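The model below depicts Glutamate receptor 2 holding cyclothiazide.
Chains are lettered A, B, ... in the order of the sequence lines. Residue numbering for chain A follows the PDB entry; the residues present correspond to positions 393-506, 630-775, in that order. In chain B, numbers come from the PDB entry; the residues present are 393-512, 624-773, in order. Using the numbering of the PDB entry, the residues shown for chain C are 393-512, 624-773, in order. By the PDB entry numbering, chain D shows 393-506, 630-775, in order. Note that ligands are numbered from 1 as they come in the structure, with each ligand's atoms numbered from 1 the same way. Values reported hereafter were calculated over all heavy atoms of this structure, with side chains retained and with hydrogens, waters and symmetry mates removed. Recorded method for this deposit: electron microscopy, 3.0 Å.
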Amino acid sequence: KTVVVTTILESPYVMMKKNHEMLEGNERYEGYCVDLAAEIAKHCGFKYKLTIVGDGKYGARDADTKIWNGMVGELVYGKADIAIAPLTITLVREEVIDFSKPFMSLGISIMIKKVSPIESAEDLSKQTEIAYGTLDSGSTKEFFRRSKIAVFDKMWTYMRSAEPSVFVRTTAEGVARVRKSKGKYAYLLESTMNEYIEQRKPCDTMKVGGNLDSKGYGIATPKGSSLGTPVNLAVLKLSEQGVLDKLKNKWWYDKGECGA
Amino acid sequence: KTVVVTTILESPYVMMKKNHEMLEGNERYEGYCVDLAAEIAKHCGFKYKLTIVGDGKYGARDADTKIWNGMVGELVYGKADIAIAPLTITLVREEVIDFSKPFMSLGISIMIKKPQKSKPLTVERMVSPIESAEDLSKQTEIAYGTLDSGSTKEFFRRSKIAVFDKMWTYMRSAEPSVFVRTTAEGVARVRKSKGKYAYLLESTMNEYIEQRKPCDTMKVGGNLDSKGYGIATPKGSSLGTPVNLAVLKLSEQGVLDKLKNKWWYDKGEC
Amino acid sequence: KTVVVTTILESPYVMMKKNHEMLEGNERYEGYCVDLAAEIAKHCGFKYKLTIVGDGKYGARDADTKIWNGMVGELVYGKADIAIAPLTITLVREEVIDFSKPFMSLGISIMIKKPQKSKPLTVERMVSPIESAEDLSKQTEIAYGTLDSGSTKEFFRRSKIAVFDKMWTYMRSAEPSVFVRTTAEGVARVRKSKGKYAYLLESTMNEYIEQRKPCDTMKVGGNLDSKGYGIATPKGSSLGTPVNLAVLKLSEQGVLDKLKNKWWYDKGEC
Amino acid sequence: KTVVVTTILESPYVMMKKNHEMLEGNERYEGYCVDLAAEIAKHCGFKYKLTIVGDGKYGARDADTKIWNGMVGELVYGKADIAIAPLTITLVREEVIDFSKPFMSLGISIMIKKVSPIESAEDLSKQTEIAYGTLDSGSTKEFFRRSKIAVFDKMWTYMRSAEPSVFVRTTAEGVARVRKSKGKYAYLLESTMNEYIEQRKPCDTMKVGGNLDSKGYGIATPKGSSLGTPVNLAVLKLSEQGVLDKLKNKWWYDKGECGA
Ligand SMILES: NS(=O)(=O)c1cc2c(cc1Cl)N[C@H]([C@H]1C[C@H]3C=C[C@@H]1C3)NS2(=O)=O
Ligand SMILES: NS(=O)(=O)c1cc2c(cc1Cl)N[C@H]([C@H]1C[C@H]3C=C[C@@H]1C3)NS2(=O)=O
Ligand SMILES: NS(=O)(=O)c1cc2c(cc1Cl)N[C@H]([C@H]1C[C@H]3C=C[C@@H]1C3)NS2(=O)=O
Ligand SMILES: NS(=O)(=O)c1cc2c(cc1Cl)N[C@H]([C@H]1C[C@H]3C=C[C@@H]1C3)NS2(=O)=O
Ligand SMILES: N[C@@H](CCC(=O)O)C(=O)O
Ligand SMILES: N[C@@H](CCC(=O)O)C(=O)O
Ligand SMILES: N[C@@H](CCC(=O)O)C(=O)O
Ligand SMILES: N[C@@H](CCC(=O)O)C(=O)O
């Protein structure tokens, strides 16, 4: 029985190679998550087929409709069997799907154009001269929406009431927007994605400040699935063997096409 | 029914209060884990009594006897119901007990006695004999060790990495023994060995000791790996899901990071 | 019964909200004084309706008619029951209305257009033509004025200090009139007067304007005197004691200090 | 009829005259408060006699005894008619006596012995290497005791549980204690007394940071007394005339027996 693996087009997590038009199956995808899925399948011992979620959303709830979209929706409604992807482990997600132990630590970070005038999140919030926004239908937006801290609350309130729309459909779109904003826009994204962008050409983006919070990426399975325990044990074994560190080094630092 | 919360004695997680002679119950102990347990109790309604393991070990399964000891050991055999303590999530432990999502990230770090400031126009520069784990492995004039019956020793024993395998080979055949019974024992050994002993311990305790007087220890290099502390729970228990959800709530609500900051960096003696 | 809260339109104390075209009631206005009124209502339980004076004046005695105008005027004759605004506690007002303890301290300050940073090794130094009120009085090239029907004008009118008497004598016989109807009008006059006009206003408004864009104004010299803003109340009203106790309680809590911080410096720039 | 004025021996508010042994009546006292009392009496038009309170306390409530001591106790129980003294206006005091409008602004300030490693009160609360305390039965101890802010709460908790006693009987005693502590003790007093001490000989003390809060000194009168309105109007007239500023300049800066 083949296992359907939902995943998102994210760099360096999943990429469609460079000449994928002549390739078929799992061979036309590459990245951190492809290698992670291969290792998970090898440890557990199942055949898998990589598929990209039709709509490029990580997962959220609609406007009072109680409908999950993205990979989380693909998992809840039985369309997918597992999700090897940069899926953040959150409260609202864990109540509907089973997350494994985190395989990558991360955090919310600010990326701007190339001493920074904002640095910390407080100075970014206080100064309205530079705009800041998050990915739409993601987990950082839901972090700010549910946040009760005064700085985070005020940042969220500014973000929701912004003219024009400060959110972005894709993190690539957000990176492009901060690139062509001439330093007038800031992007709130995961620290791993921020580092990957800042170590890639043409290196006009840099990360300021620290991490707003600490989270992790998990492998998600449908609630009450027989694969949850095996994939959790596989993640634990890979972490103890240093395979996750090797994969992160390979897809984040080994190539390094930037001057640093 | 009041369930028990087994826990190790470790600063800044659990420390006896100064006026604990006349105190009893969950007010004798203070630290990060005591109010972590308080927050867990607030989130999911139950009464809890803090306990300390008699043998004073985190937990490891003895070879040729297949018997778990320490916090994990007495959690497995039903003498405990939940273990809120700096317990590392490991594969061997996850097969006998249920773990929650990590509430604190950590890594294996190196502790050495802080060397004297080198002097040469007149600037004071920091010079150390060890800067990573590879130079620790290759060199032989400085001994190094870990905590017995802990996760660090088990990580070194089951390591196929060449440098870690070499370091474990040195550790196993060492005279006198380089392993210590308690973290405080390792810190005292480092402080008294005059730079001839390095202590391999978790990064959180390493930073906590570094920030406190007499601040004669320094942490060299980066973390050897990436792990986390989880709230342990007996296998097939009903507390696993509420504990997981409470950990997620505390993480997303800023309780965890503010607790870590006010137990680690607010009291910066040095 | 709903008690009405008369108030002047002054920033950062009271500002019309951006989406106040559709908003109605107490939600139309925002600022320091609306927060103060909310806290006062929280302390002593009452419903309050914010009201802006039609006259647009703080209040004074008109010439030869012995009639009060502005907030003080409409409070004396019963069109309002409490005044929560930057109203200055003065002797001439305390004889006709009841004042509470000052919720914010203030002084009379000098506002001039910020000069250009003088360039002479290659250091940039601030140079100003006026450094105190004495040199403002002795000099004649720069005009200066106050706000009409306000506390500053009455203070200069009834001053027996030689320098202040000289300044008042210049003010009374100035041509064209140096008195402005609104604080914003005086600030605009200073801004567009190319350094030929100086505005004498309360230190709080001076600092707030100095900290906000385009921030081309500067406050020269120290405060001319020491006064405070109180919450006004008609003589014999039963609200005097509860409002006084509320002011003292809010001062003790630090609510006043945090309101000042979040309405004066947190929102500032440049 | 004569009016009994209660006051405390405080510099530069009330001092014993240099040749007071041969002096009688109000002529043997001098300071800011003596001049203030003279001006208040001249404005209102009453005869007064300065009396120093037998117990050298400003006023507070005892341990669950509901008994007022010091000047506030002298006023509540009818032993005095008015109090021209550095009496801080507080909620607990205002409920039992009538305070006039403040005639002097002040605040809580930290004074130590002459790199400034203490700076603000936050670092004082964070570091226990240096000790700090307040005046016993004053208005600073009651401010810290009733404070709900975390920094002030922890400062008060440290101060109450101090071995040996950290509080001082008199402000002069606290000045001496910080003088002879060789920079190991800090004193929390009013900003006016702090300034007067810091510009006086031998100038070995200095004030750090800023004011912890904003308060004022008022003229206190028994509840429901015919003198409250006249003395309030007198204070307002003196402030509008600049007399209070002249008195503060004369007793704080005119002498100036230090190099500054
Ligand atoms: N250095 S890293 O981001 O590639 C990284 C991050 C992490 C790893 C392993 C690696 Cl290599 N394992 C941990 C897991 C292992 C066991 C302890 C915590 C979880 C369960 N999660 S983690 O702390 O998110
Ligand atoms: N900054 S820290 O070490 O105190 C820390 C570390 C971690 C926290 C929260 C904090 Cl405050 N929560 C995460 C958890 C939250 C959700 C995402 C990963 C796990 C599930 N684990 S963690 O990455 O080990
Ligand atoms: N820092 S400030 O100007 O906003 C400010 C100023 C003042 C405050 C409170 C604040 Cl926050 N309260 C005092 C009052 C409290 C008690 C002591 C003096 C009066 C009665 N008046 S004040 O000295 O005019
Ligand atoms: N500069 S000072 O400390 O001598 C000083 C301080 C103050 C003065 C007058 C002087 Cl001279 N008057 C005010 C009073 C006057 C009217 C306005 C506020 C009160 C009622 N109180 S104050 O703000 O506490
Ligand atoms: N990893 C995030 C992506 C969205 C974001 O960057 O906030 C998620 O799974 O929701
Ligand atoms: N926390 C570790 C023990 C500490 C250490 O080994 O340094 C464990 O769970 O075993
Ligand atoms: N607050 C002053 C008016 C402002 C001013 O005169 O500058 C008053 O009560 O009259
Ligand atoms: N001025 C204070 C006394 C000094 C102090 O408490 O610091 C009072 O009236 O209570």
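The location of cyclothiazide, copies and all, is ligands 1, 2, 3 and 4. Other chains within a heavy-atom distance below 4.0 Å of cyclothiazide (ligand 4) are, by letter, C, D. Source organism (PDB entry) for chain D: Rattus norvegicus. For cyclothiazide (ligand 4), the residues with heavy atoms nearer than 4.0 Å are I481(C), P494(C), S729(C), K730(C), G731(C), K493(D), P494(D), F495(D), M496(D), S497(D), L751(D), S754(D), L759(D), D760(D), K763(D).
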